[PDB]
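What follows is one structure encoded as structure tokens, with my remarks underneath.
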Amino acid sequence: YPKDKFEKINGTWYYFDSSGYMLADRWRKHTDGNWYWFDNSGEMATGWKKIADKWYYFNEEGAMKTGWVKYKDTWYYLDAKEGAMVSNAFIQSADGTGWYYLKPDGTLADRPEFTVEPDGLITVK
Amino acid sequence: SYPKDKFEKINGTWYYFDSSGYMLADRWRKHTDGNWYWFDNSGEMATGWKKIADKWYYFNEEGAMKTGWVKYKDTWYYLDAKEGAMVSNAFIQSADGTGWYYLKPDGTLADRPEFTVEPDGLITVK
Ligand SMILES: C[C@@H]1COc2c(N3CCN(C)CC3)c(F)cc3c(=O)c(C(=O)O)cn1c23
């Protein structure tokens, strides 16, 4: 029935490339510049979804988010470029004044603690 | 016979002429030795530290660009693993994932990096 467009079936959204085949386990750069993903059943991704070992975050419209994003009073940072969540890493502040540290589980360290070894190796908790 | 396919040492500095005899100038070159080289506007081969297109690089006495950690004048620096460009004002992971190393804006390693943490969690490194 559908073709080359988002299609809502039984309360769920799917996408049918310009040939009548619904995308399953497939990313797609929509005509709106946003990125969408469809799981094995063709369903449009919504919310935090893990795809190929990398975590992503889609809003309620199914559009992938990038950059800082708040999720239940806690921040995360999805690669401004690729969208994949960053973890155990330092992200430079917007005004290049400093850095924010993302714990190994994606969450922002509101209060990161450092300890410097004699050679300068920085360990964070 | 004009020079072709070789590094030519002309009274003083080093140069390189490709197979058609062109003198490489203001451009890189990946030699048959797996090394990258760079030449002046005058085609002189690069030695030591060179700033090329707003990025720093380090070549050995022989012109070969270096990558990774290099100690220069008793202080450590970190050249990109592939790119080779000198990293600065950034944190590099140690080879064993244990922690990190901070490279100052001037490229040098930080012995005693000083930390400051804002209320929201913003980190400042002196
Ligand atoms: C595709 C590549 C790879 O290598 C290059 C380089 N560099 C090669 C050396 N590395 C360390 C930095 C990139 C460059 F600076 C400019 C050009 C460049 O200008 C060019 C071109 O065709 O015009 C082609 N090449 C170029």
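Below, chain A is the first sequence line, B the second, and so on; all start at residue 1. Per the header: X-ray crystallography, 2.6 Å. Ligands are counted one by one from 1 in listed order, and the atoms in each one are counted from 1 as well. All values below were derived from every heavy atom in this structure, side-chain atoms included, with hydrogens, water molecules and symmetry-related copies excluded.
Lab note: drug at ligand 1 identified as ofloxacin. The main partner of ofloxacin (ligand 1) in this structure, judged by heavy-atom pairs under 4.5 Å and named as in the PDB entry, is autolysin. Other chains in heavy-atom contact with ofloxacin (ligand 1) below 4.0 Å, by letter: B. Applying a cut-off of 4.0 Å to heavy atoms, one finds the binding site of ofloxacin (ligand 1) to be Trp28(B), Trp36(B), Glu83(B). Counting only heavy atoms of the protein, atom 3 (C) of ofloxacin (ligand 1) lies nearest to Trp36(B) CH2, 4.7 Å.
The PDB entry names the source organism for chain B as Streptococcus pneumoniae. Less than 4.0 angstrom separates atom 25 (N) of ofloxacin (ligand 1) from none of the non-hydrogen atoms of the protein.
Listed by number with element, the atoms of ofloxacin (ligand 1) under 4.0 angstrom from any heavy atom of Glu83(B) are 11 (C). Contact annotation for atom 11 (C) of ofloxacin (ligand 1): protein present (non-hydrogen atoms, distance under 4.0 Å). For atom 14 (C) of ofloxacin (ligand 1), the closest non-hydrogen atom on the protein side is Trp28(B) CD1, 3.8 Å.
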